[PDB]
Amino acid sequence: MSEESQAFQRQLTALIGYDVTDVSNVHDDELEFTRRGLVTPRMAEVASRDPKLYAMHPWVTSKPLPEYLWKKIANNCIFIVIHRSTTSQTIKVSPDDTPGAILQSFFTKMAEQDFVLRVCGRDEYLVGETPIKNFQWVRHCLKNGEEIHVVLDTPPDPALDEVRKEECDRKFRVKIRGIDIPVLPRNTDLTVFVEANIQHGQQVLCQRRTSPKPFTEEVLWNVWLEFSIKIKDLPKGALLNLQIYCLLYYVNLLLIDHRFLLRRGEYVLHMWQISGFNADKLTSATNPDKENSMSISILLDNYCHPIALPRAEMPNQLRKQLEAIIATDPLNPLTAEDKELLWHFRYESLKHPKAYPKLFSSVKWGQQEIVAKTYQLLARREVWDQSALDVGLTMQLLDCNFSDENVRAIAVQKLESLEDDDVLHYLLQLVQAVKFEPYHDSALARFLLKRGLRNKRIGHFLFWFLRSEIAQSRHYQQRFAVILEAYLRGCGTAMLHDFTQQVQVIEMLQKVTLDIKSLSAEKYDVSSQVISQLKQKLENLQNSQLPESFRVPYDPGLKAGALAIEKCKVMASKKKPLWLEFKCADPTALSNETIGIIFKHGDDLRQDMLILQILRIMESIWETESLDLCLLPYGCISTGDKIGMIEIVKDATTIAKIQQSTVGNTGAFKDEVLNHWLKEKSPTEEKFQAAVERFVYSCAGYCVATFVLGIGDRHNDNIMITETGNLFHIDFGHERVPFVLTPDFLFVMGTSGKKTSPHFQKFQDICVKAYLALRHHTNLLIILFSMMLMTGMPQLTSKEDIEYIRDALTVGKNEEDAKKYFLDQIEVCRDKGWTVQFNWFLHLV
Ligand SMILES: Cc1c(CN2CCN(C(=O)[C@H](C)O)CC2)sc2c(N3CCOCC3)nc(-c3cnc(N)nc3)nc12
């Protein structure tokens, strides 16, 4: 390759945080084949993208303006303040005007044609043919009662986006030779055997074991394990799952490779251990640590290529049984009797898209004759292709329960029709979904590829999402690094530049973030000594190695300029994270405000990303129902290991320490303090009324959203409010109360203990409207939740843990019983009062 082609690839590694040209931990060519395989899709999308539109990345939507946002326009007239930067002239606009119509009517109303609008202070353009009402930045202003300011400047040069050119009927069997391990320290010497499973989609097809023996650094068996399943009956994407019990270690080997060739030869596999189910147990990856990790030596010998090739109406009562089956929630288990009905009737089942996950779970994947039929069945997809895209339904086909490439591919087919507004909504969960893919190159992996390359805002978050995992998952980091590399070769030198800047800042500051944790420990107090250094270090960073500006990873519209070293401070949290503030690099930025970002170590910010994302989902669901719950899913991006950044919400304080308004160094509580905090924080009386109004919506929001996610019981310390009346939860790492509805909250709604008011009626009433809107999405919520547990939490009950949300969403009831159920929850919160809050700190010491 060229000498530069290598200076290039090292650049790629520093951005990735992993070296994908490194072949030390692979027993095959799957990953390199996948690098090569992705070259076409990469090149295809770069080739098909309009350079101009790709350069300006307009953020748009096809959805109708919600009703709550139409009213906020009581004229059919929108006002745009256009600033050429000396005199700015406002304009009265129709909701249907394209950018071009206003750029046209802006030169008319001034009593060469290639000038564009910009959102003052952000890298957001209003451009392309879309009605201004369909632009996100605009809907964002209307929701917040905010003026639309646009400075007029020149379109960005697409040259900057330039991309560098490129360059048998036998029963299956496996011999288990034995297991070598460098050291075994534990306490009680025990017996150790090996459990071999044939797996397809978390379904175990066949299982065998070895004779247990004394546990030693090396154990030899030299045993052939003969399975029942015949070689031809092995489905593509079938795993050999090898586990050691006494369950200590596990490792996986794909039985059919990326060429559809059956696996043969000798294998020494380095395994994963366990801490005293979960998506990591699925990985075709081997433990990179060859020094400290159990290994297994096995043998495969068998024959070549197994490949893939190309009237009765139900009595009513059976059709009624079938229909009862399809209706059940995603978590509801299928009997043998259930599956046989679903199967025998496959042709009927095909007319019901909501039945596909159950129907495909009714397949014997261990039988080539049956799989073949399944494909014949898939061949006539008419009903599936024409159906309305159901995201929750599509998402079910991408989980750990489906290992078939054709099954998963149809789900991806249906995603193809998602426009960027919605891909952004689901990007994080789809990327996590990559983990359930049997092979590194996948239809889904390629769709994330195209979508990121086609759009910079998608590309931006794709990048960070992938880098999050690559840094923190030895399990999935190899496959992700290949996908990230694929992306980076297509995104343009412009973004390639941004990422590097972003990356430099993040390392530099993650460095500081840890060094400050190490010196100081939990008083929890902040040494004047610690503080002076925190300034010492940061100041050197500002001068010595500064990337003069950078994109804010959770808000890529915004470029942070230089730090304000004076407003920076260590946090008194328990982990001692940094509280940082930057100047905005955009001088045309309208406000004088800095950009606060909190850098922290010791939380898994990955669970927090996932949680914040589901919140952004509940919002979009309500938007479709014309609801606004005034949530505040602040930006949070995971980066390291127990490390990442978080967006500072301006003017927010903790509800706790609003309690501390009068005293604060013990506990207890007092009603009306909060409403007192509000009058005090409102400039006018009209703004105080608005604050009480906002707090009612935002409180109703976190009440419903939190209850469903089963995170509803939180310390006052984790709840925050703005000086503007907006309430929001934080720190989502991980008797009871359904949620937090306290007398201090209630007091602000105008009631103190049992009684009722005009605002308090407004609250209950919203929750119920909000609550029932979610229930319409239960399956969507259930799948998202379950996937979040598998990919995002530690080892879970992929039975019990998932269920909370089933009971929570009142699956199976009618909207009537439900409305009551939730209202009772409010009563339950009125009955605890301060009892729940009061208990934290009891065990503190
Ligand atoms: C402990 C804490 C705050 C209260 N602190 C009060 C004291 N303080 C000080 O600086 C004073 C001077 O001592 C800092 C803030 S504010 C805040 C916060 N905010 C900042 C504002 O915008 C919204 C988010 N996030 C997280 C947090 C931590 N971890 C995770 N995973 N998620 C969220 N913790 C906190």
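In chain A, numbers come from the PDB entry; the residues present are 143-253, 267-322, 357-435, 460-489, 497-530, 544-967, 981-1091, in order. Atom set for the values below is all heavy atoms of this structure, side chains included, hydrogens, waters and symmetry mates excluded. Per deposition record, X-ray crystallography, 2.8 Å. Whatever order the structure lists ligands and atoms in, that order sets their numbers, starting from 1.
- The chief contact partner of ligand 1 in this model is named by UniProt as Phosphatidylinositol 4,5-bisphosphate 3-kinase catalytic subunit gamma isoform.
- At ligand 1, of the options GDC-0068, GDC-0980, GSK461364, beta-glycyrrhetinic acid, the drug present is GDC-0980.
- For GDC-0980 (ligand 1), the residues with heavy atoms nearer than 4.0 Å are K802, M804, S806, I831, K833, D836, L838, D841, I879, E880, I881, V882, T887, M953, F961, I963, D964.
- The UniProt domain of chain A holding most residues in contact with GDC-0980 (ligand 1) is PI3K/PI4K catalytic.
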